[PDB]
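When a residue number appears, it is its place in the shown sequence, counting from 1. Counting convention: from 1, in listed order, for ligands and their atoms alike. Because only heavy atoms are used, hydrogens play no part in the values below, and waters and symmetry mates are left out as well, while side chains stay in.
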Amino acid sequence: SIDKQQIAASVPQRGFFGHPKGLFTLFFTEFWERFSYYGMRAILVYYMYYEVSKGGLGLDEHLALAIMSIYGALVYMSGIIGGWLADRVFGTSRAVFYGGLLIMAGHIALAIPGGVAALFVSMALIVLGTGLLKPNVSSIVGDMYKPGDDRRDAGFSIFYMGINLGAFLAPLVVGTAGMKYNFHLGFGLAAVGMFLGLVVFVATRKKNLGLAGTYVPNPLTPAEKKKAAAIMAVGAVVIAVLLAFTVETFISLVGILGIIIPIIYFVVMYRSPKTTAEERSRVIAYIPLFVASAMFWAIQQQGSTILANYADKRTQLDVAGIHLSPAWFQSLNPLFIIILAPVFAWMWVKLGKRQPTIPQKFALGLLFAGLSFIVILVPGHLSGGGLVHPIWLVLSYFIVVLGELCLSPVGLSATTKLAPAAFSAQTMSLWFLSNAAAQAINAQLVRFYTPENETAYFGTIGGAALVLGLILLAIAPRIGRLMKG
Ligand SMILES: C[C@H](N)C(=O)N[C@@H](C)P(=O)(O)O
């Protein structure tokens with residue numbers, strides 16, 4: 001490990017809009033990675049269930065939707081593994097580099113002529129690569145700022161703007177390309193983009209980042225190097241013999257992992273000898289806040305799967321002479337975030353002390369989440385049948401964003417405020433954990449998504465979210481009071 005002062009001194013503190021020129025390197029690296037990921041994700045589900053003569057792979061729609069919901073859960077969970085690998089063996093700079101190579105290799109598999117075997121390989125590479133790159137790239141950006149640097153939060157804000165920007169642009173590029181022209185072409189522009197990210201990183205990291213993340217923060221002790229490699233080796237031999245299990249089996253496995261693991265985390269924390277009587281109570285108080293998070297993300301993440309299908313199957317795409325591409329509907333979430341975020345930010349300041357508490361804001365997200373589904377089921381219920389106006393789907397995304405800007409910004413804060421001191425490091429994973437768990441559950445509910453019980457589907461899920469939101473409101477007083485401030 002190297003002290004932050006010496007590291008920061010090797011980073012050119014001027015260059016990119018009043019920030020280090022290494023921010024340019026880290027903004028665009030993450031941007032293009034996000035770009036490729038969201039672009040590839042924008043057309044992936046269609047590529048799976050579209051018939052083979054329409055360029056697709058010709059899988060069952062429920063299977064395709066289940067894979068998508070599982071994908072995110074694996075990606076989210078992968079960051080925890082890669083975060084450990086960077087911190088304990090690689091270093092953030094090197095781990096970002098490796099992830100970039102794997103991710104790109106994943107897109108190449110998709111872009112070249114192939115079938116479902118290529119799709120499964122591509123998933124593994126991207127999951128593994130994102131787990132290395134995504135959590136570690138933001139870590140390097142902190143290494144550029146010296147202890148006391150006021151610009152830090154502004155630099156981070158610029159960095160996160162790259163995520164949303166990629167999420168907005170990508171479907172309007174890869175989607176328009178992949179859908180209208182060729183599916184392998186859309187997957188091709190993802191690889192090209194990710195390549196640019198690698199090129200900008202590898203070429204400009206020697207000058208712009210310097211000693212940033214090139215060190216191993218918490219290396220393995222000699223004896224620990226053996227055990228870790230042994231387990232990895234043992235695990236590698238154990239998994240291979242079991243290999244010698246359908247895709248739906250793997251799905252069920254992830255689905256139950258998305259339930260067991262959260263239960264495991266809570267019991268471990270609550271029963272920890274390193275905790276105090278007060279810290280354990282806060283852990284209990286964190287439970288409904290975790291459940292509410294999962295319920296929210298369950299509805300939120302379905303926007304890239306269920307509603308992606310709804311746009312492909314249940315929506316009037318021909319409006320005003322122009323034929324819309326269904327993947328373009330994925331641009332709606334980040335677009336509203338970009339727009340409404342400063343509006344919400346101004347609101348919370350305008351409110352001041354009269355603003356709702358953190359637990360109260362969790363319920364607000366829950367109300368809007370369930371409400372978005374209530375709206376989304378209405379037009380298909382009113383009409384006798386056929387396609388519905390895209391204004392309904394658009395309005396559905398808009399409402400879910402309102403719920404997001406309420407819950408998401410205080411998500412990490414609520415976790416840190418309630419997590420024990422001995423578990424201060426697992427604090428970001430725990431927040432990311434509620435999101436993955438929702439998507440592992442999301443995949444199990446896909447079988448319920450038929451054109452028949454469509455109303456029952458949206459109504460039950462949305463109804464449950466509304467019910468839970470009202471419950472959380474009731475216990476919001478006691479929960480807010482327990483927070484460490
Ligand atoms: C694409 C959309 N703007 C988005 O980033 N959604 C996040 C919740 P995801 O990256 O986890 O899918």
I'd love to know the name of the drug at ligand 1. alafosfalin
What is the name, according to the PDB entry, of the chain making the most contacts with alafosfalin? Di-tripeptide ABC transporter (Permease)
What is the residue list for the binding site of alafosfalin, using non-hydrogen contacts under 4.0 Å? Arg34, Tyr38, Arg41, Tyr76, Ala167, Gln300, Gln301, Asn333, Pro334
Can you pull out the closest protein heavy atom to atom 4 (C) of alafosfalin? Residue, atom name and distance to 0.1 Å, please. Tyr38 OH, 3.7 Å
Atoms in alafosfalin flagged as close to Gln300, the criterion being non-hydrogen separation under 4.0 Å: 8 (C)
For atom 11 (O) of alafosfalin, what's the nearest protein heavy atom and its distance? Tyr76 OH, 2.6 Å
So which heavy atom in the protein is nearest atom 8 (C) of alafosfalin, and how far is it from that ligand atom? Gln301 OE1, 3.3 Å
At what distance is the nearest protein heavy atom to atom 2 (C) of alafosfalin, and which residue and atom is it? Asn333 OD1, 3.3 Å
If the cut-off is 4.0 Å to any non-hydrogen atom of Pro334, which atoms of alafosfalin fall inside it? 3 (N)
Would you mind listing which atoms of alafosfalin come within a distance below 4.0 Å of any non-hydrogen atom of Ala167? 1 (C), 3 (N)
Provide the number and element of each atom of alafosfalin under 4.0 Å from a heavy atom of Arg34. 10 (O)
Sub-4.0 Å atoms of alafosfalin with respect to non-hydrogen atoms of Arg41: 1 (C), 9 (P), 12 (O)
Atom pairs, nitrogen or oxygen, alafosfalin to protein, under 3.5 angstrom:
residue: alafosfalin; atom: 3 (N); partner: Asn333; partner atom: OD1; Å: 2.8
residue: alafosfalin; atom: 5 (O); partner: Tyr38; partner atom: OH; Å: 2.8
residue: alafosfalin; atom: 10 (O); partner: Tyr38; partner atom: OH; Å: 2.3
residue: alafosfalin; atom: 11 (O); partner: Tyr76; partner atom: OH; Å: 2.6
residue: alafosfalin; atom: 11 (O); partner: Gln301; partner atom: NE2; Å: 3.4
residue: alafosfalin; atom: 12 (O); partner: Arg41; partner atom: NH1; Å: 2.3

